[PDB]
Engineer: 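Complex under discussion: caffeine bound to glycogen phosphorylase.
In the text below, chain A, chain B and the rest are named by the order of the sequence lines, each starting its count at 1. Determination method: X-ray crystallography, 2.3 Å. Any value given below was found using the heavy atoms of this structure, including those in side chains, with hydrogens, waters and symmetry copies removed. Every number for a ligand or one of its atoms is a count from 1 in the order of the listing.
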Protein chains: 2
Amino acid sequence: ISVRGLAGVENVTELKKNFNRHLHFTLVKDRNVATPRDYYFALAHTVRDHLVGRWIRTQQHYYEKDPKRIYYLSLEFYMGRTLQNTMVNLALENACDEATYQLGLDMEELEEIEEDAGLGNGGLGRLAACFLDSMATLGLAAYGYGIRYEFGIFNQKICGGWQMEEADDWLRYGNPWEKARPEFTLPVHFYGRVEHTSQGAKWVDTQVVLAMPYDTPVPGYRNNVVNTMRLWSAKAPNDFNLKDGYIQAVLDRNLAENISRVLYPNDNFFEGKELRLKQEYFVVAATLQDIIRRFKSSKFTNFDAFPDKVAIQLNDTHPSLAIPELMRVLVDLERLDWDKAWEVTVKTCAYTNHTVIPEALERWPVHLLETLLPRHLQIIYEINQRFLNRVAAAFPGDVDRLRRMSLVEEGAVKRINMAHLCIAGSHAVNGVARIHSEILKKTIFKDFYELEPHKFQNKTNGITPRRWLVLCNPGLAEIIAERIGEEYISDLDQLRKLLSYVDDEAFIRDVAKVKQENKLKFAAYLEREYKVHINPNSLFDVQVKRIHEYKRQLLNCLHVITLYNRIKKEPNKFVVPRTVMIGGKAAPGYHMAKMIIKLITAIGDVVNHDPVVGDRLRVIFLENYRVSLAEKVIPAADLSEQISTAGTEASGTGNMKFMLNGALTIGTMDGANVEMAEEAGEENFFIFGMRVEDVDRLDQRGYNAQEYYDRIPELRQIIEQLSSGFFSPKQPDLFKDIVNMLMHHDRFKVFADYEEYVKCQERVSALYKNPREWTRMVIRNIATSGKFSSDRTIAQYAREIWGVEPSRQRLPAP
Amino acid sequence: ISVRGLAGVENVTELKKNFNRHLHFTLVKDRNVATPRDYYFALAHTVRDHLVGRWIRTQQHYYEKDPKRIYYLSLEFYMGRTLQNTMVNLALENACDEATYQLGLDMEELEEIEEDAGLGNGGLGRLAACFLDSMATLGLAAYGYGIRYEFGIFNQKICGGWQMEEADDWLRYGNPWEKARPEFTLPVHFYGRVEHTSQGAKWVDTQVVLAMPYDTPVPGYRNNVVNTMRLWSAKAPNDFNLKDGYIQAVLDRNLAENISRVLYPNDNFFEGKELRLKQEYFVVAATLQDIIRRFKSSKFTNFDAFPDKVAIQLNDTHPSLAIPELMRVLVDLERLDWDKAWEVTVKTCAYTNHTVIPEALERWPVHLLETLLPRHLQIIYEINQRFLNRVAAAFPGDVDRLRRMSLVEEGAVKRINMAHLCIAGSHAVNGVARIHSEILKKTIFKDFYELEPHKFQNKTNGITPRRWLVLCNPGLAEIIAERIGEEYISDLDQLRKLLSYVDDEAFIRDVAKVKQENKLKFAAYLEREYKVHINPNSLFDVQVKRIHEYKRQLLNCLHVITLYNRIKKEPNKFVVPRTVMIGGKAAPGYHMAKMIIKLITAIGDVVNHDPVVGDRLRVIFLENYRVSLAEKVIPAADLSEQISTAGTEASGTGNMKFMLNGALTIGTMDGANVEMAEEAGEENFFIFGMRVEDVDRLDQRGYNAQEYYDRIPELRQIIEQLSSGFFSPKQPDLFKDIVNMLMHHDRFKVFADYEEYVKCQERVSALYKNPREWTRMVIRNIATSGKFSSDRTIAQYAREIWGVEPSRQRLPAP
Ligand SMILES: O=c1[nH]cnc2c1ncn2[C@@H]1O[C@H](COP(=O)(O)O)[C@@H](O)[C@H]1O
Ligand SMILES: O=c1[nH]cnc2c1ncn2[C@@H]1O[C@H](COP(=O)(O)O)[C@@H](O)[C@H]1O
Ligand SMILES: *Cc1c(COP(=O)(O)O)cnc(C)c1O
Ligand SMILES: *Cc1c(COP(=O)(O)O)cnc(C)c1O
Ligand SMILES: Cn1c(=O)c2c(ncn2C)n(C)c1=O
Ligand SMILES: Cn1c(=O)c2c(ncn2C)n(C)c1=O
């Protein structure tokens, strides 16, 4: 059937009876009223059974051996479905497929019933999920810590071409993977005031909110290691939240519990709301108590060995309060002197930066911290004081450098620069792509780099080959395994061996066959769940990621309209057929992004119903783009669009997902695109547009969009089409904000890359016309994507930051 | 060990491995970190396993055979713990006791970890729970329908002698007995308006709240019948509750979900709050859709057979909206003519009245119904119109009778008398005790009784012998079974056979021994969990029920202070030692009731620390009185206090609980007290005080408390002690509200029954001094309590109201 494992005689039989056990005893149903949803749950419970045994020994093991523990703090964990991924990592896929088949059920049909765990916005949240899988696979004693939102990223609905948001009640039917642990509930404090008495400060008169943990298992790839992802849920105490109308007192509990109610749906954007700050401290305060408790047990109160036993990784600045919180505990509660406490804190903390755009930077108003976390503000001022004293001593008289490096920003309202806080309290700061890391040193954190050059590093992102290959593209994984075996699943570098089959006639035919099968399946799914046909013979041109101005979905739109206009000019001229698919969610308050989604659908309305165009060009907007949808489109894509303005996309990861699944990449020299082209050879990549230096040259000069409008008739024609209502008949001025922006305030110079972009697009169309060569280029990309596995990234974090050695050693059976 | 069943070899072994299965796979724990709470859950899950098989066949059976279905609607279900009760009804107690013993655990210690299901206030909610158990035991296709409050009756804490309320988070650790059924979620409407179009009215523009069901199994006594208790939970739709700030929209969902958040803690008191009205319609609207769906399937759309297949019992007026709601559905949706719809509604509905005190009567302001349920108000006006037309036609010219019987009350604000609505739309109205039922006919509902005498009936309350005897008093159940067998557990009348052992020397010794063992165990529990000693040789004088003015805990207080004053007058005179225990919760807004609790504790402060008193008199306030606590005190009581003012306690059930457990009763000729004395012989009962007629004579005359104050020096002395601060030194005027009330506005004439009350108390003290005779009187009470089993009550409801025949037939195994 494939290498989804063995369908053993004894195990298929065992599986079937447990499936029936759960359907009866757990679901309390009888075959005669059981629905597909019930069947999915019976299976989910049966599969979950297989890793509890391993889960218990893994955790017990870490308690015995007592290795250094890695704590990955993140406010987001974009997990997606977990049934199939668990079967894969446990080598249960074929056995379950068989058993369910014998029970007369279609496993694939049941897998589709599982709700996605959308506790993330995009890249940042998904990185965390891939990292967890890799840390488990590399046998690291790692813990994922976050918030258990009852509402994840909203579900996107398109109504009249506009995005409509609706609550993601992912817990509605229950979550068979999590295990509530009410017995480990912890208290978290808010507000109050600070008392300075005799021997130390005291945080007093605080409001208490309880943090209840929920553990979810994270199985490594076939090594019997099952790590833990602990997610905190807010609960109100039953005393003061009643003890300070009786009915009203009880109804008001849903005020303390609102803290873990919903994920903020902003991607690369900072909103200084108090509820967000509360979520950030909540996850930090609860998590740290757990970290210290575990340490106090260990084999040990000298906190001198704390950094030898603990490592906490900050996924962006969101969990940055962990620095002043670790100090508070050590100094206020444990009574360590400042200097000793600081040494410990810096040595256990490490920070990961994800972007350089200003609007994404967390700068919290002081009055907010002042009211909500009074003691933390005091600690931050003191950290700032001592840090600046270090700067002055290093750069005597550099008074401007002092104000520039301050953790405290003066002005309208004083704010705290969380990024500066993280650099100061961490022993390592890293970028997520080579170019992004360099930019950090040359620009944004230049002053900090000059002060402590040893702190700055790079750790190029990666994706897990398990979910992003074996799981979503079994067909491709099979033919690869037929030639080079299976060891590449946990050693992606081995994909290089595929280079020697680049001229192999059978392989070329096979690689091309699986991609064709994937396109047919997706084209079907399209009509199944969304309804309105596409042509599987055309080039699948797809751009899927969050809707942003910097990601330039607009630049993609300009190209689409150009293709359309050229066809209408010479209708009877042959052009390579294309189905361009654009998908992604816009943050609710991002007006421009929502305007762009309307533009996309507007273009599709015109293009898809023009008889002269026929099946040569289709514009489709992929609704509710999420992890589970990504697992479907990516394996079916031919062309991957990664066209952000050079210098704006820190790294990106979707690009990597496409490269590993047989799609060619048209993109700019941005983020990881650079290392990908470098790995496959620029000749097997479609690079275009300005490089970072060109962007800066243009900025010195000054960007004037009119110029491009004046010199390019094709561009001019498009803008006048938008301006006159060609794409919005009933509301002619509908897109005035887009045009206005493009012409007068384009921060991402869309027009500057237009000419080179369509020119480059012509080159891919030329290559698509030559199936054999297109496929050979594909093989060159796949065979060379090994570097982008999160196992490599994690192995680097482990050795260069955490001080731990990865291990591919199978844990002593289950 | 006892007749808790057989401890079979194969079954104890089977139990142990499943206990271990759940501890590992369900709880995900290992013996080395498992706590008693974990062990309780492993056992609970193991026991729950045994009734799912029976639960599924029972429900499947009803679907095949299709018998008349009984729907018991109640806003309260005071269930208490359910582990032991399930073992008992399944004959698993000894096997589980053995198995757990072999696993090295104490079953009793684990049973104490289970949280009470306190979804009730007192009598009304407990009646519903006892009824469910009896209906299951008598093999009726019955369903309990209510609301799944996440916060039940508050937990009472005494701070400085005052009651402190605190949220009852009974779901904190989970509920292993319930089964969420999200797939059967139903929509419920609120607000909106009414459109009258061509062919009928339409309820439009309504706000939708979803009702999610949770099923809990109700096992019959050893007959393999497991009925269902369906509890609705409020959930917000994910569309409009977002689709009409994005964050705020999501946080505001906890507005529609507040409907099932908390139980109103009022006992026999009406509060016209909108949230209450919402809870009442919510349970009614959701439940009826389920009833009709089930009917539409049946073996059948002629609703003529609806009453032959359905019976809905209204537990008080709380679910009264079921009448106009059934009409709305039949007329508005099914399109039946009014008259046909009304005939059907009246024939399937039946109403149970629980009290005659005005302050407990539900009279909803019209403006509230007008805004929240516009169509229901219209239907109620139309029902009223046609009903009054019936009255006028029966009593021509009786214009006053017309206004008196109206469902609509004029005045300050127009209101709807829910009780009148229930009488009009039901084919049977019943009281809960013979005297209460007569009073209804002679007083409160006299006009209605004259109009349709056939509607009025009586159904004397009862209690379940399983939980209220076998479960809480295994020692007594054992010695009874030793002489007459076990058939009495489901045939309590057989207790009469115990009359022939009334002179048996061994039995007298045994009955007295178990009571002594029960007192020792309770006296221990007291020091264990609450701490401060009592003497197990004294008379256990206990009054446990909700704190009320009509229940006269105050009359009990007067007696306690009298005993104290007599001892202080003649210290060296012998008096029978007593431990008087008073317990019960006061509704949060009931000032007087909270004042009474403070008085009780105040008396105990003086009495319990007076050296001259010694161990001859102890005053104890039983904290957090609830079902699980009742199962502890009652079996240990010698004297049961049921001293309400004649005519105010509809029936009472605690009185019955005490009679069955070997306690003697000192009470007034009120509620069921009358039938109890009638059953045991007034010579074996301590009756005192005014009878109903005496109370009325006094009212004609006019009640003047001064008189009693003037003629009784002992009474006078007590009042002056309260007035001068003898019981409240630091705050001398603390009890001025109690004294003021007692002297000027005592609606329950406490002083009128004082003299006869202490005189009667002297008689019980005299009898207690004669152990042999006290015990013989006890045997006369127990042997004669058979009539008060809920099996008798249910059998009567079944035959005289529902039209179904009970059956003690074992369902075809599990
Ligand atoms: O005091 C202890 N005795 C024995 N095992 C322990 C003890 N504390 C932790 N463990 C084991 O270590 C695992 C780790 O628990 P943690 O504290 O959540 O990391 C537990 O599930 C147990 O198997
Ligand atoms: O359409 C049907 N086919 C077969 N069994 C049914 C069907 N509807 C109900 N049942 C059975 O009847 C039980 C009663 O379900 P209820 O609708 O919740 O009362 C179900 O659990 C099934 O065993
Ligand atoms: C991988 C992934 C992302 C990140 O994509 P980029 O193109 O790097 O912005 C976002 N969303 C989902 C659902 C993903 O799978
Ligand atoms: C039986 C019971 C009641 C009813 O007692 P009465 O004396 O009839 O008022 C109230 N509360 C609980 C906990 C009960 O067990
Ligand atoms: C101006 N703006 C927003 O207003 C915004 C956003 N992301 C979310 N929002 C609300 N981004 C990226 C942005 O540039
Ligand atoms: C006056 N009053 C109340 O105010 C009250 C009550 N029960 C609850 N409350 C709040 N009762 C029985 C009562 O008589």
Engineer: In what form does the model contain caffeine: which ligands or which chains?
Structural biologist: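 Look at ligands 5 and 6.
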Engineer: Other chains with a heavy atom closer than 4.0 Å to caffeine (ligand 6): which ones?
Structural biologist: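 The heavy-atom check gives B.
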Engineer: What residues, by chain and number, sit within 4.0 Å of caffeine (ligand 6) when only non-hydrogen atoms are counted?
Structural biologist: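 Non-hydrogen contacts come from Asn266(B), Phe269(B), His548(B), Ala587(B), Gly589(B), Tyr590(B).
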Engineer: Of all the atoms in caffeine (ligand 6), which lie at a distance below 4.0 Å from a heavy atom belonging to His548(B)?
Structural biologist: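 So the atoms of caffeine (ligand 6) that pass are 12 (C).
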Engineer: Which residue owns the protein heavy atom closest to atom 4 (O) of caffeine (ligand 6), what's the atom, and how far is it?
Structural biologist: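 Its nearest protein heavy-atom neighbour is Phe269(B) CZ, 3.7 Å.
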Engineer: Report which residue and atom the deposited model joins to caffeine (ligand 6) by a covalent bond.
Structural biologist: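 The covalent anchor is absent.
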Engineer: Going by the order shown, which atoms of caffeine (ligand 6) are within less than 4.0 Å of some heavy atom of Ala587(B)?
Structural biologist: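 Once the distances to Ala587(B) are compared, the set is 8 (C).
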